Enquirer: 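Got a structure here, written out as structure tokens. Questions coming.
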Protein chains: 6
Amino acid sequence: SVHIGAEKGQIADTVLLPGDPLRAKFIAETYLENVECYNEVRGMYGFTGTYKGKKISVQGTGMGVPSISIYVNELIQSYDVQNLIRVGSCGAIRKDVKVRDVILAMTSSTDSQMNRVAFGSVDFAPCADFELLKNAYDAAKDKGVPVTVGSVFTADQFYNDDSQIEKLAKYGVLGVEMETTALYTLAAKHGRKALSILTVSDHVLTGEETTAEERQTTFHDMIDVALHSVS
Amino acid sequence: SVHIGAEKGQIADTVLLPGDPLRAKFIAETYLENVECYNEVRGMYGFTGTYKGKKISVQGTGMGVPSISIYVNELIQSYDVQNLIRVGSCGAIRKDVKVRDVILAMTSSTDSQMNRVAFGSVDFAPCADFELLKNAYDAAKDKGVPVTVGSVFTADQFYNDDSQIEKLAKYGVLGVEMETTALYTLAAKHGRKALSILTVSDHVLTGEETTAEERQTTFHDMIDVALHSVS
Amino acid sequence: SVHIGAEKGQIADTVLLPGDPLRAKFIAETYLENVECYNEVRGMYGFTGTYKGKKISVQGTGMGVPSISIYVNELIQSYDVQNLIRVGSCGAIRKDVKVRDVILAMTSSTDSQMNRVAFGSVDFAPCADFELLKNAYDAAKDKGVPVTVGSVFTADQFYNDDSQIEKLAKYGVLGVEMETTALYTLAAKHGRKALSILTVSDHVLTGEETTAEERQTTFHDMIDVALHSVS
Amino acid sequence: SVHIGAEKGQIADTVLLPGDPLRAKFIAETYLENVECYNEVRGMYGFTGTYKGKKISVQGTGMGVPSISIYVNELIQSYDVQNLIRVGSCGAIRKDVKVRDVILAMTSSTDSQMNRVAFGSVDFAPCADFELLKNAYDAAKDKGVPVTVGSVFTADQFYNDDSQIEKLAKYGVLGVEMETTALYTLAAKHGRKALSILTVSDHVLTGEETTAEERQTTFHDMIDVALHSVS
Amino acid sequence: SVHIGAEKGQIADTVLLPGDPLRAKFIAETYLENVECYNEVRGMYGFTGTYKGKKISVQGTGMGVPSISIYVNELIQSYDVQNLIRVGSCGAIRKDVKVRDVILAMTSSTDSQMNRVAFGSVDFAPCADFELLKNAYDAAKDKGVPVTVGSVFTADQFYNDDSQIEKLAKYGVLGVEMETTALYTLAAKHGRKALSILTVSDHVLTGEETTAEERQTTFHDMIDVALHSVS
Amino acid sequence: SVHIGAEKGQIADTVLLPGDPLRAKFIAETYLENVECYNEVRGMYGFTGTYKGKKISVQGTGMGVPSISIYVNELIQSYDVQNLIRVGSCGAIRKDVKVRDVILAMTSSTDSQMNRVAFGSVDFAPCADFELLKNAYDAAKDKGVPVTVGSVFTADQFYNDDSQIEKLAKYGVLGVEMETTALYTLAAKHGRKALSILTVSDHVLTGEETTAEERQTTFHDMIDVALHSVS
Ligand SMILES: Nc1nc2c(ncn2COC(CO)CO)c(=O)[nH]1
Ligand SMILES: Nc1nc2c(ncn2COC(CO)CO)c(=O)[nH]1
Ligand SMILES: Nc1nc2c(ncn2COC(CO)CO)c(=O)[nH]1
Ligand SMILES: Nc1nc2c(ncn2COC(CO)CO)c(=O)[nH]1
Ligand SMILES: Nc1nc2c(ncn2COC(CO)CO)c(=O)[nH]1
Ligand SMILES: Nc1nc2c(ncn2COC(CO)CO)c(=O)[nH]1
Ligand SMILES: [Cl-]
Ligand SMILES: [Cl-]
Ligand SMILES: [Cl-]
Ligand SMILES: [Cl-]
Ligand SMILES: [Cl-]
Ligand SMILES: [Cl-]
Ligand SMILES: [Cl-]
Ligand SMILES: [Cl-]
Ligand SMILES: [Cl-]
Ligand SMILES: [Cl-]
Ligand SMILES: [Cl-]
Ligand SMILES: [Cl-]
Ligand SMILES: [Cl-]
Ligand SMILES: [Cl-]
Ligand SMILES: [Cl-]
Ligand SMILES: [Cl-]
Ligand SMILES: [Cl-]
Ligand SMILES: [Cl-]
Ligand SMILES: [Cl-]
Ligand SMILES: [Cl-]
Ligand SMILES: [Cl-]
Ligand SMILES: [Cl-]
Ligand SMILES: [Cl-]
Ligand SMILES: [Cl-]
Ligand SMILES: [Cl-]
Ligand SMILES: [Cl-]
Ligand SMILES: [Cl-]
Ligand SMILES: [Cl-]
Ligand SMILES: [Cl-]
Ligand SMILES: [Cl-]
């Protein structure tokens, strides 16, 4: 494929999708055995290893709908990937979303035009694969990892002078990130299974930061949940 | 409220929401004990009775986003309703949606302008309450009722010369009805819990009808699932 | 047809279209002779009788563009209906619209997406049939019934947090209801004749109610005008 | 005003609005007595004279929504004009619109963004003043001038690669011109009375021309009707 | 062509495009030798003469996208015009745009729907012909005429209650006029070369007028630059 | 700043903006002296060195409007960057765009919603800084580097089922990339100077590739032009 330097069979059926390629490296090296790096193009690293004797890949996506769409399209079309699980963070937009909560996104709102380009007057609501989502939910509940299931907002502008997060929060949306709408829409368009699992980076509307320690803990929880979502 | 003739406390915390008021009557009389009719305004009947010693209401909504929005807004704002569960049907738009499947909607796409009126350039993705959805899913699985969890499309035009159901089906959408986007959006806007449980009326793209017998069976399954979704 | 249980010839060339099926019943029983009920599906009653020896039908439409569109499409396509006259109410949005005025709608604005779904960048302006409108106007003037001819707004949201009625009133729009755009657009698309005749339910921007007595009087005036609009 | 060189009281309460300033000249000189030219700015002539002892003005508008909007805004705001009557032509888009028919526009569709700029998600339907329209209709009927009352389309692009006139004709729209939406919207916004009276220039969808003789006749009919629309 | 009364070869390869036909007359008579008027239709004069022994035409366009689009389309399609140079004015929307600056428009924003009608979800950015623009820039610099190169806004509404000029100015837009988007888009669509050269009529956001003397000077500068932009 | 790990003064007044961080590294190491890497966050490298004794930075942007917007916003707001020059490639959409042409973008069209989010009904046309563009043009012409000045299209979807490149090419657009609209809009919004200089990656509509050798040559030409655009 144009943006991924891998060969046939180098990428697993299941791929974890962090935004940051240095986090892709950290995940593969920390969690997986027998790791190979299959992609270095643009420094957007992808790796394959095993977790409990099963092949798992981890591929950086970059930031924003256009970047993740490139990787997701190529993973699906050129490498026949079946399960695509974004592991990332989001800015919480509600007080009831606690700093330790792991978020499972059922769906996402967006200000991307990607779906209006396809559907015009239709509002297309992307949808997580329920099997993946339920497995992740079960894995969290089994261990006592706090988990919140709901919707997120996929933003094009990290710095948005016209942000509607205040109104989105009132409609129940949990947090803002920059990827889910693309992952969910493209996976479904191709009959593959997708899920986004997210930690909280901060509360955007209070400016209130999460601490390095909190972030480390939630990151590990997210990855543990991810490594129990297929099947 | 303007469209519902009920008094304080006449409507339960939990309301089932069929589109047809004659089905509301059928549900209450067939499934509930100690039934009172609290509303006859416009013949859009609403009833309250008990199921296993717990108060449950059943309120007809009429057809289409504008009609259900009236009832949902009044139930929430004037009667403090907490759980709102649509029980209806949809036209299946995929072969893999079988005539006997009970559909739990995680979200819905729409050609209604209701959310663009509020959000403009944002595509708002409505979201089912996961607690209700999971309870319904569990209730179906416990009994062996076939259940499919995914998205639906909320149409304004039952007869639509410009229908995009072919493309929607390719993106994984299961079926078409005329209510879910409104129920989900309005419940969330007011911090209440909503879920749509749907049977298949026909396969729209093959014209292939469901039989009266199939419809009777799936209807009963839907109601049984509904009467186990709260808690 | 899918939503109307009538047989061939049971519905007249001319159909009055109240939103409330209990008002359809009231109209037919109060004004017509030799009345039969041809439809009970969903309790959305339709009746046929005679007025001065001429067949006239009265069919409830439900509330909102999607509901009336179902009935109007089926009346036209399955029953070959020629003249379709909505008889209903609207919330007045101008002081100069008096509580006793009968409104004849020349056209309607809307926040429904129904016409953008068909036309995209075009603003489609629906148009009353001038022959029906002029007959109704003549009938009102002949008796001294106060009549105001102008435009209305067809709303999807009876409860609209983003209402533009203040600006609409400044542009001369008379009142808000939930049906006209659909009736006018669908009748014209099929080469049939349509008109909406409306009474005032209240002044929305002053909250000021109309009294039961005023409403009874204007209702009778509206029906009398309606029963003189064909020919 | 910026684009009209007239002084206080030089423009009458009633102004006829042809698109072509050379037609404004022709109308005033052919139909009115005691004519003065009050405007020569940009060669967009305006004239005032009397018809049966009553002051009448005739002001060229130029072609297209932006041009007519300039003149209409200045006539209303700077010269306190009360009645604004466009007299022009349109391309017929239906066979049933005959070459000799004088068209009275109840409303107009458009591809101009002028009303979406003001209203966003609302489709604003402009509305003729019914008093002017009815007077014009009466004047035509009194003399036996064939008259057709319905809607038109206000186009921004005389040469439009993306024209929807075929679909507009199916929805009953009579003909295409480039002014009415602006005249009707701006007059109503300012509480003034407007009407467009139109002849047929050709049948756009058959290319079939109207002859010079036909055009002369219909032009005179249009002006005669116009000079009987106020009161 | 429909709106231009000229014969084959009467219009030059290069046409200057003022909005006001009386300015077209003034330009041709003041600057060119051996002038013929080739068009008087609608009083929208067009002239051809020579400048330094080379044929040059000057054609009034009227005001607004729809009017200029008519002339530009006919000049290109019926008369094979190659170079189209608008010479007009604009209202400056920034303090840094000085009253004596001659503006060369690289591109223009708009509230016209003309390009959304063609492209839907795409924002089409019109583009000046760089060869013409560079020649004009060189001609200004050679003589010491102050010149500013940047973008303008093409407005449909000279009187716009919903104007966004304040925000446009913040994004760097220089001034507002009513033509450029159409000229640039239509010329490019047909493989011809276009440029808009503009003087400042006033500062719209300070109301501060330019004086008659300033306007005379800048007008002459604009025309001198124009008569050195081809080649 | 959130995504860039640099300290005060580590980034120059002038920054080159390749999409690929490994190309940022290649540019700085190949062309500049005394190079320091100031950013390794997300592996999106940024470097500062000197070219002919003047400080120059080179910062990877990632792919797509959302990614470049993050870097451009932080460079401007946190590091006070003055001149921002994207150096990248695009897919040519016209035969007349030759494989060796260096493209200077005057403006860009887009299917990103970023500007509709800010402006709604306005089509915002981004604009290159003419001073930078002219310097780059002069530098190319001085050496005989073939240069083409015109517009590009900024795409959100590298793989777009609904691509309009065929129509865009007919309107004169040169090529497709994924960044320019954001760079130009954000630089102008903040009063900074921007330019995109682009090579041809392939002809998208003929599939016809550029060779490795051609790409190496054009890359060097682009960088040489870039290192002569300020002043
Ligand atoms: N728009 C937004 N995105 C957030 C936020 N927090 C975490 N993310 C997700 O990370 C971004 C890159 O910084 C997308 O990959 C936030 O507050 N706002
Ligand atoms: N638009 C659509 N709606 C469907 C269909 N089947 C079942 N419903 C849901 O019932 C309607 C009323 O007939 C909404 O209340 C269908 O095929 N298409
Ligand atoms: N949106 C709106 N609709 C009105 C109003 N008054 C009368 N109607 C018309 O009745 C409704 C149902 O209540 C449509 O059938 C009003 O104030 N607002
Ligand atoms: N778009 C369009 N406009 C028409 C037509 N015929 C008559 N007009 C109205 O005249 C125009 C100028 O030529 C508007 O003033 C037609 O066929 N198409
Ligand atoms: N909308 C606008 N247009 C301006 C302005 N100044 C000069 N023009 C350009 O002239 C107009 C006609 O008056 C278009 O031909 C202004 O301030 N606003
Ligand atoms: N959409 C598109 N983008 C192109 C193309 N060629 C070069 N680019 C620019 O590179 C991309 C990443 O591959 C944006 O950074 C192309 O053909 N199509
Ligand atoms: Cl690689
Ligand atoms: Cl495996
Ligand atoms: Cl992330
Ligand atoms: Cl945002
Ligand atoms: Cl908000
Ligand atoms: Cl009641
Ligand atoms: Cl109870
Ligand atoms: Cl239903
Ligand atoms: Cl549909
Ligand atoms: Cl489709
Ligand atoms: Cl029946
Ligand atoms: Cl009869
Ligand atoms: Cl009603
Ligand atoms: Cl409203
Ligand atoms: Cl308002
Ligand atoms: Cl004058
Ligand atoms: Cl008088
Ligand atoms: Cl005309
Ligand atoms: Cl058209
Ligand atoms: Cl069409
Ligand atoms: Cl002529
Ligand atoms: Cl010559
Ligand atoms: Cl001008
Ligand atoms: Cl403006
Ligand atoms: Cl603004
Ligand atoms: Cl760093
Ligand atoms: Cl330096
Ligand atoms: Cl690139
Ligand atoms: Cl594309
Ligand atoms: Cl195309």
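The chains referred to below are lettered A, B, ... by the order of the sequence lines, with proteins before strands, and numbering in each begins at 1. Atoms within a ligand are numbered from 1 in the order they appear, just like the ligands themselves. According to its header, the structure was obtained by X-ray crystallography, 1.7 Å. Below, all heavy atoms of this structure are taken into account, side chains as well, without hydrogens, waters or symmetry copies.
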Enquirer: I keep wondering which chain grabs ligand 2 the most here. What name does the PDB entry give it?
Expert: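 The largest contact count goes to Purine nucleoside phosphorylase deoD-type.
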Enquirer: Got a name for the drug at ligand 2?
Expert: ganciclovir
Enquirer: Mind listing the other chains that have a non-hydrogen atom under 4.0 Å from ganciclovir (ligand 2)?
Expert: B, C
Enquirer: Could you walk me through which residues contact ganciclovir (ligand 2), taking a 4.0 Å heavy-atom cut-off?
Expert: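 The heavy-atom cut-off picks out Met63(B), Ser89(B), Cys90(B), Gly91(B), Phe158(B), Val176(B), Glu177(B), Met178(B), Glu179(B), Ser201(B), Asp202(B), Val204(B), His3(C), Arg42(C).
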Enquirer: Can you list the UniProt purine D-ribonucleoside-binding residues of chain B with a heavy atom under 4.0 Å from ganciclovir (ligand 2)?
Expert: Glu177(B), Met178(B), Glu179(B), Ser201(B), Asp202(B)
Enquirer: Source organism for chain B, as stated in the entry?
Expert: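 The PDB gives the source of chain B as Bacillus subtilis.
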Enquirer: Could you check which UniProt phosphate-binding residues of chain B come within less than 4.0 Å of ganciclovir (ligand 2), heavy atoms only?
Expert: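 The UniProt-listed residues with a non-hydrogen atom that close: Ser89(B).
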Enquirer: Just wondering: which UniProt active-site residue in chain B comes closest to ganciclovir (ligand 2), heavy atoms only, to the nearest 1 Å?
Expert: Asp202(B), 4 Å
Enquirer: Which other ions or ligands have atoms closer than 4.0 Å to any atom of ganciclovir (ligand 2)?
Expert: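 Result: ligand 14 (chloride ion).
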Enquirer: Taking distance alone, with N or O pairs closer than 3.5 Å, would you say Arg86(B) contacts ganciclovir (ligand 2)?
Expert: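 In this structure, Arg86(B) places no N or O atom under 3.5 Å from an N or O of ganciclovir (ligand 2).
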Enquirer: For atom 11 (C) of ganciclovir (ligand 2), which protein heavy atom lies nearest, and how many Å away is it?
Expert: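 Answer, as residue, atom name and distance: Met178(B) SD, 3.9 Å.
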Enquirer: Among protein heavy atoms, which sits nearest to atom 4 (C) of ganciclovir (ligand 2), and what does the distance come to when rounded to 0.1 Å?
Expert: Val176(B) O, 3.4 Å
Enquirer: Just distances here: any N/O of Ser201(B) and N/O of ganciclovir (ligand 2) closer than 3.5 Å?
Expert: yes
Enquirer: Could you tell me whether some N/O pair between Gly91(B) and ganciclovir (ligand 2) is separated by less than 3.5 angstrom?
Expert: yes
